Amino acid sequence: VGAXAXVXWXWXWXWX
Amino acid sequence: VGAXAXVXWXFXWXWX
Ligand code: NA
């Protein structure tokens, strides 16, 4: 849990 | 739904 890649908040593919 | 900022897959903060 923290910063980098995976899932959650920020840039890439999903919803916003 | 798609690419850009928000929740889902990618970079930033959350789970690896
Ligand atoms: Na995200």
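Lettering of chains proceeds alphabetically from A, tracking the sequence lines in order. To match the PDB entry, the residue numbers of chain A are left as they are there, and the shown ones run 1-16. Shown for chain B, in order and in the PDB entry numbering: 1-16. Parent amino acid or X stands in for every modified residue here; extra atoms are dropped from the contact count.
The PDB lists the drug found at chains A and B under the name gramicidin D. The deposited model's entry lists chain A under the name gramicidin D. Lab note - chain B listed in the entry as gramicidin D.
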